[PDB]
Amino acid sequence: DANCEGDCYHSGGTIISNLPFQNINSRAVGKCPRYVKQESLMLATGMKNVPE
Amino acid sequence: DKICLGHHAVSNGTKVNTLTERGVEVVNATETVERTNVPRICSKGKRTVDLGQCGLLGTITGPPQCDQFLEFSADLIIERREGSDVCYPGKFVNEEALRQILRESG
Amino acid sequence: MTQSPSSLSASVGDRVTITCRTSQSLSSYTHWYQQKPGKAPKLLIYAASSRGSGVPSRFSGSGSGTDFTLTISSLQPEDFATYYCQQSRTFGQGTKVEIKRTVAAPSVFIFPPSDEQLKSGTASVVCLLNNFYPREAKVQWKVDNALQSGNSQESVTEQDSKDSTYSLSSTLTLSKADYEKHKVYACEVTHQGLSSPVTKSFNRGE
Amino acid sequence: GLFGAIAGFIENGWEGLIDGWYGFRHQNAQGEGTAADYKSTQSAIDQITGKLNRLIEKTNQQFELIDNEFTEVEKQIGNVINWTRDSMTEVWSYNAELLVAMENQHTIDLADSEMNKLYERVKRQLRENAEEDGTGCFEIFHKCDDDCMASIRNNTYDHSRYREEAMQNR
Amino acid sequence: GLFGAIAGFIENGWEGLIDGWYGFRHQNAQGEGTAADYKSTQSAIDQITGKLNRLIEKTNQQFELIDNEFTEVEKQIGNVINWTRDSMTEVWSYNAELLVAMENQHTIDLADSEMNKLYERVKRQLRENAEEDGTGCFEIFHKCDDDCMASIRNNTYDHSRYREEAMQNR
Amino acid sequence: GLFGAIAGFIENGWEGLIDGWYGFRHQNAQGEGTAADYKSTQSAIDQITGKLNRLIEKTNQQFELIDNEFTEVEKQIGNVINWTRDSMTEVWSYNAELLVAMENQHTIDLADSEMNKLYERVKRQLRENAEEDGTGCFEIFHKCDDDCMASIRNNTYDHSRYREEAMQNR
Amino acid sequence: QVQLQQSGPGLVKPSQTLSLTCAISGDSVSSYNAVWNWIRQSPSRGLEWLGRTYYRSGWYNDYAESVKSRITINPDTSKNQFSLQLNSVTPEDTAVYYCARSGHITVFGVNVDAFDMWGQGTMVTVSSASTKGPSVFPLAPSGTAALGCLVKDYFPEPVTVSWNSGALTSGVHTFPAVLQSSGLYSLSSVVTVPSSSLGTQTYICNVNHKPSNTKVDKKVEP
Ligand SMILES: *[C@@H]1O[C@H](CO)[C@@H](O[C@@H]2O[C@H](CO)[C@@H](O[C@@H]3O[C@H](CO)[C@@H](O)[C@H](O[C@H]4O[C@H](CO)[C@@H](O)[C@H](O)[C@@H]4O)[C@@H]3O)[C@H](O)[C@H]2NC(C)=O)[C@H](O)[C@H]1NC(C)=O
Ligand SMILES: *[C@@H]1O[C@H](CO)[C@@H](O[C@@H]2O[C@H](CO)[C@@H](O)[C@H](O)[C@H]2NC(C)=O)[C@H](O)[C@H]1NC(C)=O
Ligand SMILES: *[C@@H]1O[C@H](CO)[C@@H](O[C@@H]2O[C@H](CO)[C@@H](O)[C@H](O)[C@H]2NC(C)=O)[C@H](O)[C@H]1NC(C)=O
Ligand SMILES: *[C@@H]1O[C@H](CO)[C@@H](O[C@@H]2O[C@H](CO)[C@@H](O)[C@H](O)[C@H]2NC(C)=O)[C@H](O)[C@H]1NC(C)=O
Ligand SMILES: *[C@@H]1O[C@H](CO)[C@@H](O)[C@H](O)[C@H]1NC(C)=O
Ligand SMILES: *[C@@H]1O[C@H](CO)[C@@H](O)[C@H](O)[C@H]1NC(C)=O
Ligand SMILES: *[C@@H]1O[C@H](CO)[C@@H](O)[C@H](O)[C@H]1NC(C)=O
């Protein structure tokens, strides 16, 4: 596909992302996020939620 | 007469983990692990060669399926499972070393 | 919120920078809007450095303490607009961006009053100056070769979003009796695009 | 929170406070009103934004294929490759987990800190003119109109102006 | 501790306090008595327990043998294996050291935080009825019997009940 | 700073304070004077020194050459070596960045903590004899000569000695 | 594709009540991720926020100090709209009124009052002057030809003009209105066309003055 641009490739396609990690393919090549086992690692961007 | 300090909260927060607790609900959270794949080779801005039926090592010897790849130029080279290096049967000694060289060749 | 400059002209392709000076500095809370004539403001930059949805890459924002800047890297004819910054609920006074483009002389047309309007007891004569640049122009009315004064109004369009020209209308208003008392109606136009003034005219009842 | 303000002595958050992270809610003859504090809100926002700038970035190192998905490499070298890759997967999964846990702890404590700082800043402002309630409220002894409340928020409040009336009211 | 309560203004710990982490020690006409505070104690316990739940766990990744202890592999590949393993040993030893150091710093500061939070909670309770000693003690001006001391611990204490007597005692 | 003293309610640092990290600056009938506090200064120094003792050290692991700069090894094994080395370079570069960022956050917050601790220690000392200014200053109501100021710094200050004069001055 | 559609009279008598409505489509008036605002604009005062309403497990309203004593903004969850009500109007309330969504766009969940979508605007005039209809006269063409329509003596603004029911847009210029000494407005709309098309193509200007409920078509011929 010459309509999208990406630098991380694997057999199933292209990982387009600015995230530090990925859980798509441990054998991805090019310039990639580092593969991790976990499906999700949520980073807090706000305070503790204390609802009424 | 009195004045009171506070902070905002939301009915539907987002759960995260800390060093000290699992599933702490916070106002905001942003995912750090990418799960979304694009099911295409995104090749904008790169000279791309999709070898298809031609095996990478066939570009050097030239079985009929590689006739259009005998002098290719590329930033990105794509091998496919159906690619074959040969017509008359056989194989290269040190085949993967040679593949690694040709993959980086341009 | 205080903007500088209040207005500016620039040629197509120019780098344009507009500034907002704020009472108090908060990057997150300062946003920019573009408003074209007769339309609502559209949000271009939000949080100071973030581009609005649908906003082309030539627009960018920067912030530093209490000073915030909007930049158009290469100006385009369609960017003719008034720009307002905003912090919390207060909007800067706005910066009018006008385009400087090559000189173009007006095409001039004169329209006599309709036979219908005349029956109402008034006559209106309109001189059209079409698609010219820059805005400065003089329009003078002559009735049987006598210079008119104080019986005409002008209206001018905003810059055209495609060719960056202006158009102008001048309307001379007379009573039917005054209109019928004279023969030659002439509109004389001075614009720096013309080698000398152009005059369009008609003769009454012709 | 480490400081004990958010989810601490401040009982709970305000869903109505949509314009800010931290804010003021007052009670006086003129009624009730709520207003966000942007200086504290911006400090928290700037710091979270800083973390994201750090974490969302380039690992410029580019890695080539060293094995083959279609025609498998020799089994000895293949096993070494897989062992090494799986070891790296283990390291990075551990690193990512610990990074996010550490950052989240700090992010929560950071927000709690900013809330505390705002509270203490106000307490110092109206020294001897009011007393700590314990719910994050300051009971003010003198009459404090909306202009007086807005002076507290603004940080211009002058305690000496109302000290005789407030002190004598104890 | 970061807050400066434990090993700070509180001179030292109580060996007699065997039932809790944090507690109260009083002096009044009726004598002396010591009691642990479970809410603060439980908060600290729950948080340490959380760390242990995180650190004592499965690395599900299973690793096979890639060399041989009885019949040594080729020397080139063997050296690559050993270099890679020793590199991993170096990474993990570093990771473990830093993890434990970081967690220990936080654990100590966390305990110090909970102590401070309890102190400040009490200070707010008896506002204008007592004064900070500086040893982690509150000198109470009015007469405070065991039921009055137990009301402070319980958190039901009503300062307005004893404010006229206590305030006038200054 | 997390506590909000350094680059917080304390407006700015003193370039003249060359002998210490933290110190006192007074105003009284006798004039003005500045003096460093070594106990707080030493605590901060000892803690930073501890970090450096940890970070400046031996990795006893010794690594041999596994490739060759003059006569290149086989290309397959060479690529495995390079991939593994580059993976390690990536891990260590990440580790170093995060270590320094984490330690720097803590170092800044630590210094801010020590400043706060010193301020609160003084506040407790002269309870009901002075009031918090809000700039990190204590307005003292009674007359306090250089021997009186030096008693505050020294930590011997006796508030009961000057309490009648100071309290009555409100 | 959120769309804010504005309605309400553009003429209010002094001392009486201005009433406007914004009807939302593509989003919910009671959405957690929206704030519904009114803002006005005048050549004098510039852009001025007036107030808002929003739902966060209960309805909230905030208003600008300048209009707080006169203003009400209420949601209607049956018609997915919200209104503006301004009591005791004076000539200083003459302005274009816009509805606008904010707080859809946020920095870490904090409404930063970014107004991401706006209504089309309602021009409101405070006057005791009765509305008047606009007379429409042809500006007749006498290889490019210009023709037009003179739209004369109406009150208040605005008038809209199209050509051939909107089928002709290229080369059209509709001039801003001028206030005449009579206190009534006037404008012209003009178009340039190939002079050859005069003998075959019909040219009709369509004039709409909503305040007087006037819709008039005028054929313009040589
Ligand atoms: C924590 O803060 C973050 C911001 O850091 C915040 O995330 C934001 O979420 C919204 C979605 O709710 C994102 O907005 C999108 O923007 C894209 C263009 O960039 C639009 O195309 C999207 O439109 C969709 O929805 C529209 C109707 O609402 C449709 O018309 C359209 O067809 C699309 O379906 C959408 O507006 C925004 O990009 C993020 N911000 C960032 C920086 O990514 C998050 O919500 C906060 N968390 C919580 C729980 O509030
Ligand atoms: C190295 O690991 C890969 C997978 O990461 C192994 O290859 C897979 O083997 C499974 C079943 O054993 C097959 O169904 C897949 O097609 C293979 N996946 C890929 C991506 O190739 C490989 O066997 C391992 N190497 C060795 C020497 O055992
Ligand atoms: C790889 O490392 C192992 C040890 O971890 C080396 O094997 C040991 O060698 C010592 C003396 O050199 C022997 O006494 C031990 O019996 C060995 N231990 C084991 C566990 O095998 C081995 O020599 C190293 N590989 C290479 C190629 O040098
Ligand atoms: C492994 O990496 C080394 C460099 O780290 C590669 O060797 C270099 O190659 C460049 C150009 O490709 C030469 O100019 C240098 O002289 C080499 N440097 C050193 C230190 O040897 C080597 O090619 C890589 N291995 C493989 C198999 O490609
Ligand atoms: C702070 O707010 C008040 C409102 O009571 C205002 O009068 C005052 O001018 C503000 N302070 C400054 C420095 O503008
Ligand atoms: C707290 O303890 C006291 C003992 O003095 C007891 O009488 C009181 O009922 C307790 N509070 C509650 C809410 O039970
Ligand atoms: C503390 O300093 C004062 C100076 O005013 C001195 O007289 C006093 O002896 C010192 N305290 C001690 C315990 O030495």
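Convention: sequence-line order gives letters A, B, ...; per-chain numbering from 1. Per the header of the entry, the method used was X-ray crystallography, 3.8 Å. The structure has been trimmed to a portion of the entry, and contacts are counted only among what remains. What's counted below: heavy atoms across the whole structure, side chains too, no hydrogens, waters or symmetry copies.
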S.K.: Quick one: what's the drug at chains C and G called?
M.R.: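 The drug is MEDI8852.
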S.K.: To what macromolecule is MEDI8852 (chains C and G) bound in this model, taking the chain with most contacts, per the PDB entry?
M.R.: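 By contact count, the main one is Hemagglutinin.
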S.K.: Which other chains line MEDI8852 (chains C and G) with heavy atoms at under 4.5 Å?
M.R.: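 Non-hydrogen contacts: A, B, D.
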S.K.: Help me out: what does this PDB entry name chain A?
M.R.: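 In the entry: Hemagglutinin.
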S.K.: Check the entry and give the organism for chain D.
M.R.: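 Source per PDB: Influenza A virus (A/turkey/Italy/214845/2002(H7N3)).
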S.K.: Out of the chains of MEDI8852 (chains C and G), which one has the most heavy-atom pairs under 4.5 Å with chain D, do you think?
M.R.: chain G
